[PDB]
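Reviewing the structure listed below.
Letters A, B, ... label the chains, following the sequence lines from first to last. Residues 1-213, in that order, are what chain A shows, numbered as in the PDB entry. Here the PDB entry sets the residue numbers for chain B, with the shown residues being 1-133, 139-220 in order. Following the PDB entry, chain C shows residues 1-12, kept in their order. Structure method, as recorded: X-ray crystallography, 2.5 Å.
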Amino acid sequence: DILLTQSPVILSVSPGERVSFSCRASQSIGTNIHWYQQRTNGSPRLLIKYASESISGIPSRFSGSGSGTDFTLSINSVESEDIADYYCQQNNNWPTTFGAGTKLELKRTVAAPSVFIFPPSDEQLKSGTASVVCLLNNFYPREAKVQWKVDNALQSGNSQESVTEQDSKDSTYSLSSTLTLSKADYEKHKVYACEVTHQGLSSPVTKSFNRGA
Amino acid sequence: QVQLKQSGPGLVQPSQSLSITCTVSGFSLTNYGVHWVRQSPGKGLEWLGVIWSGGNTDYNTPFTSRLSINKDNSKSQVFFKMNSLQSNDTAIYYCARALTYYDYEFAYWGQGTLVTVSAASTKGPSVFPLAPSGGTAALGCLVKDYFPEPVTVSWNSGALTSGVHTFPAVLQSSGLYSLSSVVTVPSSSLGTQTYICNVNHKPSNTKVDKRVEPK
Amino acid sequence: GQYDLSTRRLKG
């Protein structure tokens, strides 16, 4: 089968800049290549067919070139909703094969997170488990530290983080940190705090509550 | 216009078989072939096979002996069936249609069907409020202890979408998934507007609507 | 670099 090599694997640019995706084939495929866009939780979207031919409803800032083994997909003025992975497909040789994709990230100005903390609901406490959630909202860049403290004891190993993909509108990330503990442990303590470190804060922000207000 | 609607996601036991139905509208199966493509962590995008207008099938080489594609023109249905699934067959499966009847440039895609191959048992989630406590209030829902992926979450039956973040599910040590969905709203609307997260875990047909209020 | 079923996006 034809091996399609896409490079680089990550691509980070700023809005309005031109960007180019690379797709190289293991042997000549003429111009028998198609390009696809995949947004978060989306299905692939056909952008270019046969190296350079336009597709209905696709913005004109998408174009493609190349022939033989070296092919390029180009966006001349990157927009925020262009955040996605981009895939090439060959069909000169059966079976049709796809590249491994290139991720396109967007740069933007530093944005400090807004921090919120939620105690476990009384509903969940009926089940014998307590979840404490700390939300970091609409920040950039992605790197962030979340430190948990219970009665000034550092928590380690009993929290999990999840991070959204970049937002299509404002290019920010959001993060959730969930501290999980047994109800017995949760009842044996009072002060619950998440401390948040981020480039956009001059000093760490701590959101805390005391169990039972 | 042209649409492809696939059947819902689900669990399949190892060494067992997979069945997906693709229903099409905006065109006839007698005029177009329908392709099947999957997307997995192990191998990325993979072309699996196609059923053509006249009923002939082609299957990609590593699938000839465990893949079967059938259709019902009158009912606009294409049936995908694959035998003896293992763990690396966990993937999102799409049906797809090309621009022209004979070609392979896939301009129309189904929404995908996430198939999880595992010996474990299906379990619906519990939904718990994340209650609100610069005039912007955050609130959400904790969708906890379900298997397998995915779960869909919306707010106020689709009417609230601005400021919504639904985080990727994380696998807990229990082998069960968990996620939270959050939204920021004006705090002055908390006494006037109702906020409900609509949770649906189709693998277990568990549908929960959780009202989230200030505690 | 690997595709993630949770987000339908490439992660690492």
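Present at chains A and B is the drug cetuximab. At cut-off 4.5 Å, the chain of cetuximab (chains A and B) with the highest number of heavy atom pairs with chain C is chain A. Applying a cut-off of 4.5 Å to heavy atoms, one finds the binding site of cetuximab (chains A and B) to be C:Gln2, C:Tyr3, C:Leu5, C:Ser6, C:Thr7, C:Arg8, C:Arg9, C:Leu10.
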